[PDB]
J.: 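Before I ask anything, here is the structure I am working with.
Chain A is the first sequence line, chain B the second, and so forth, proteins listed ahead of strands; every chain is numbered from 1. The analysis underlying the following values was restricted to heavy atoms, covering all of them including side chains, and did not include hydrogens, waters or symmetry mates.
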Amino acid sequence: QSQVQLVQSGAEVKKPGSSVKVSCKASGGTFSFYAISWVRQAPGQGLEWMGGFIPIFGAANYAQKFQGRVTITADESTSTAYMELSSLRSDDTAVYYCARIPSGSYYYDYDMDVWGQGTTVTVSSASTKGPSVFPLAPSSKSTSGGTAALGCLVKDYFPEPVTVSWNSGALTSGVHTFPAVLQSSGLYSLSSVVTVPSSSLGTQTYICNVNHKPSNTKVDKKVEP
Amino acid sequence: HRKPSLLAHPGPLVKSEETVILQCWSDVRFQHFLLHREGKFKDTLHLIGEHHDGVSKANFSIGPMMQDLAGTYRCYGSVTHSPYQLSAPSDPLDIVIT
Amino acid sequence: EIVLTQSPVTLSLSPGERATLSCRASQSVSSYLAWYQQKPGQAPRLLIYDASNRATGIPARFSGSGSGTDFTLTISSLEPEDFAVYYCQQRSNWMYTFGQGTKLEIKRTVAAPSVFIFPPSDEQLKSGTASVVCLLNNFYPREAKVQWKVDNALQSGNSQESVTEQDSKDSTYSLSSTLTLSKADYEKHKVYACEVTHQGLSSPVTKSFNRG
Ligand SMILES: *[C@@H]1O[C@H](CO[C@@H]2O[C@@H](C)[C@@H](O)[C@@H](O)[C@@H]2O)[C@@H](O[C@@H]2O[C@H](CO)[C@@H](O[C@@H]3O[C@H](CO[C@H]4O[C@H](CO)[C@@H](O)[C@H](O)[C@@H]4O[C@@H]4O[C@H](CO)[C@@H](O)[C@H](O)[C@H]4NC(C)=O)[C@@H](O)[C@H](O[C@H]4O[C@H](CO)[C@@H](O)[C@H](O)[C@@H]4O)[C@@H]3O)[C@H](O)[C@H]2NC(C)=O)[C@H](O)[C@H]1NC(C)=O
């Protein structure tokens, strides 16, 4: 409800032990007498506060878990905020958020909170690698109840994200695209299945549409045998 | 950057479940008045300064007095030119529950 | 440092019911408590500020209460859009620690999964590895146990599973477990099975295949 809007820096991929600096530019206002709070959420986990900066008091408060590797700062203009994380570990792979909240109470004239779009930071010793799309062929082992199952395995890929669509988006009902998993190799892998009528398995043509960061588009036909 | 003035009405010593006014004013045309409490729970309240004849003032209203609203109250003022830069802190005013 | 603990972990209620969420703090924060809601795929949205005051635009069904160590978020008349994750965050003494969170899911009738198994592709075997997939489609509750068994041998450490979020139509979940094996260890064996245990299942269900 505040006129102020926040825009953060782009996504980043760093190696273990390096440093990343995310920016938060404010529009329609300044951080002024408010506080800059950074939060992080890892895939599947909850919100984790990293720290805060109150520019008026020149005060920087941080969380014990990040105390020592985290620095929150802002421009003299108080329009751009910055958080730098050092000794980057794989556990720091998450989405980082920046928020303009009040120092404490919202007493009297205090605007409601304003968040940014977020910034995805991936810390891994791996390199950019295209996925390998393998078929999950339909069979009596997947065709029971007059309903047949059909799917693809997007295995061994980095870095996220990966988009999966069936028949160029003409198949959305029954489609279950499961969240990716991080294997010991440091490479991701996902599965996307769709339940179709048992009949039409040999009549209908089902194709996987997978896109990724290394400019890789792999279309795979899913035949019955 | 000139220190403003802070006063408490009807006084600094307050009874439980009673409201007080912490007036913050200065001859400088302060556009934003910030009141900061130091104690068990520190806080910073904001109030837009109202520039009446001669001075710009702000009436901070501390609600039903609990042990959490007691502490050392100092007052600051700023100009919208750089709300980031506050002025010199006013003389501290200690609010204590009777 | 003050640690915020939320209860319950998961709340399984039905549309139209009254919901109650609890946030307990190791030390008093004294109304400096904020309530957030994160719907999946979006950023958190502020609901209650200063423990009891409702944010601008939030429906009046959301209510905040509590001071010191105990806090409560009440949502009367749960509207289908309210089923999400709710976090509490302290705002006292320049520390903005978050709570663990609470999942507000939909309590429907018991639904059991449709179990399908997928043998490894011939293209992946040329690549040198083999991946077997088991799928549990549309089930409630979310609690399910999948166990891979190769020739009557429980496999441990070679299976990775991922669950989907509750579907907005049938209010069910889906699970996909993947067993990755080398081309050397696969082939050395014959029977590959997938055991599934669920509340909606009178007996454990097994989907198996024999290579060849
Ligand atoms: C922030 O707070 C300021 C101070 O407010 C006072 O103190 C706080 C802590 C609270 O206790 C408040 O309740 C309290 O009011 C405000 O400034 C004051 O605003 C009020 C309300 O408008 C004013 O009261 C009214 O004043 C009218 C004018 O008469 C005064 O001013 C004349 C010159 O302008 C002066 O000649 C008069 O002598 C009189 O001065 C007051 O004398 C009394 C008694 O000695 C003092 O106690 C006051 O401090 C003096 N005020 C001064 C010096 O400014 C009155 O006409 C009017 O009376 C109305 O009600 C009576 C019935 O009760 C009717 O009979 C009458 O017809 C009329 O309708 C009323 O008293 C007050 O004067 C302002 N100043 C001060 C210092 O109190 C700020 O406005 C506020 N700011 C914000 C942003 O909220």
J.: Can you tell me what they call the drug at chains A and C?
T.: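 That would be lirilumab.
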J.: Which macromolecule here is the main partner of lirilumab (chains A and C) by heavy-atom contacts, as listed in UniProt?
T.: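 Per UniProt, the chief partner is Killer cell immunoglobulin-like receptor 2DL3.
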J.: Show which residues surround lirilumab (chains A and C) within 4.5 Å on heavy-atom distance.
T.: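 By heavy-atom distance, that gives B:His32, B:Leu34, B:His36, B:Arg37, B:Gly39, B:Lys40, B:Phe41, B:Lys42, B:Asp43, B:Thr44, B:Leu45, B:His46, B:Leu47, B:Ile48, B:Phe60, B:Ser61, B:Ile62, B:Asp68, B:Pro83, B:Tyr84, B:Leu86.
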J.: Identify the organism of origin of chain B according to the PDB entry.
T.: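 The PDB gives the source of chain B as Homo sapiens.
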J.: I'm curious, in chain B, which UniProt domain holds most of what contacts lirilumab (chains A and C)?
T.: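 The answer is the UniProt domain Ig-like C2-type 1.
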J.: Okay, about chain A - what name does the entry use?
T.: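 According to the entry, Lirilumab Fab Heavy Chain.
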